[PDB]
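Before any comments, here is the structure.
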Amino acid sequence: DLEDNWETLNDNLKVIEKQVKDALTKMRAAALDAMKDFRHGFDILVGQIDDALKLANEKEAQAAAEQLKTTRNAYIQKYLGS
Amino acid sequence: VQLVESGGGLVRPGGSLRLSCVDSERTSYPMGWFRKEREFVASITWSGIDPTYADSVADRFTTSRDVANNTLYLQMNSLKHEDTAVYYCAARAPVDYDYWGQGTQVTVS
Amino acid sequence: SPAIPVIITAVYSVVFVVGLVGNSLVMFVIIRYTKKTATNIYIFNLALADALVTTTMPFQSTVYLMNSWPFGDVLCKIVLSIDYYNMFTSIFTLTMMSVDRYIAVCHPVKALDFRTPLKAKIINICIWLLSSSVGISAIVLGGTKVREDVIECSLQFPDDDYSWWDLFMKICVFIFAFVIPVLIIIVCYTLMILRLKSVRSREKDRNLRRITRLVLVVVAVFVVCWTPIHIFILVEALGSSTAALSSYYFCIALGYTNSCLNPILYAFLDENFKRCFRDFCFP
Ligand SMILES: CN(C(=O)/C=C/c1ccoc1)[C@@H]1CC[C@@]2(O)[C@H]3Cc4ccc(O)c5c4[C@@]2(CCN3CC2CC2)[C@H]1O5
């Protein structure tokens, strides 16, 4: 899936930047398609993605999305080693 | 001023003899030796590390300079009639060799 | 960012040629132009020797990027023979120039025999035979062991019965290849220049500063070239990733540098050579 599955996150982030559950469900499911920092760097994001799912069920999920991109950037910097 | 060329003298063919020009008056530092026209045998640096050998017979002679005693040596080994000539040390300016010793003639036959 | 593999293989690439070109060029200048003076025998053999160490740079560079040894056992034995053997030959020939210049200043009439070509050549044959012992050991003792997934080439040692013979031979090499050579050369120079100051115009003061200048460079070269690797590879034998394996290969190159920097120091700074080489290449 290469960077295309990655593009699912960052594209759906921009959509989330604008029921946002559809993007998050398409985002959290895309995460499952992703050396210790790498496997951890995806588990953290799923949890923060999971954190945002609850905030959608009840707008205020934008804060978690902001804390979610910086996490995505954290595994970008780790991926920069290759 | 005056350089006292030691050594010299006759010898048999295939033999050896060490020549030692010195300036104990420490006026000049003998740094090179000179031997048809004037011949130029090897010389050495002031502090005596690197010598500039003589190409003619570099398989027969070695030179060394005692820096502390202000003395230059050279001992020819297994020389032939070709090496027979007058030999004089050449000094250097204290601070184009400027002072030239009287010289001695090694005579082999 | 695979820059780190790129920077290092560059260093191995820059260092490879400067050593290979110089040592080849220095040898081929000596063999043709100035066929000999004692210093000529030393520079040539040092060049010839520390040319062959730079031959071992591809094989050592391969394993860095590749993180394995695709050349097999027999090619690991000879490379281990070549690299060990002509490390010692270059360090010993580099050290034997050290006592040669010392002997001239301090024992000047003893230089009358030491500086003869035969004496140099005699000293310059023995020195390879001494290194040959290390060459012979690295052949038999050299082999390839699988790390786990990754084949590795090194000096193969029995690891049974609390055997630390790897740490011993790394102790043994470190003192034979670095310490007593450093102490010889650090002594012969530091003692040669004391006679110089003892000689008692400003030809002393100018030349003292000039030879002190020249002296410090070689020991500065030799120290910084081999001190960081020798420290590193001993610690890897008592204890202790990705970035560390790069720092280690950086330090390997530094040792390789001494063999590439040597012709510049011991030929291009020698006027009895620099005068000759100039003509061949500045006609
Ligand atoms: C752990 N180690 C190895 O495992 C051997 C690996 C090789 C070599 C060719 O292919 C694989 C070491 C790596 C570094 C090095 O090579 C390095 C200096 C040195 C000093 C003391 C040692 O005790 C020792 C080494 C070796 C051989 C000699 N060099 C000298 C060239 C100029 C820089 C080798 O041993």
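Throughout, protein chains are lettered first and strands after them, A, B, ... in sequence-line order, and every chain is numbered starting at 1. Counting starts at 1 for both ligands and their atoms, in listed order. All values below come from the heavy atoms of this structure, side chains included, with hydrogens, waters and symmetry mates left out.
The drug at ligand 1 is nalfurafine. Contacts with nalfurafine are greatest for the chain named in UniProt as Kappa-type opioid receptor. Other chains near nalfurafine (heavy atoms under 4.0 Å), by letter: C. Listed in the PDB entry as the source organism of chain C is Homo sapiens.
The UniProt transmembrane segments of chain C, numbered from the N terminus, that have a heavy atom under 4.0 Å from nalfurafine are 2, 3, 5, 6, 7.
Site of nalfurafine with heavy atoms closer than 4.0 Å: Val53(C), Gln60(C), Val79(C), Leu80(C), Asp83(C), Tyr84(C), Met87(C), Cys153(C), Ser154(C), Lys170(C), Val173(C), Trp226(C), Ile229(C), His230(C), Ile233(C), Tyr248(C), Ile252(C), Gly255(C), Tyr256(C).
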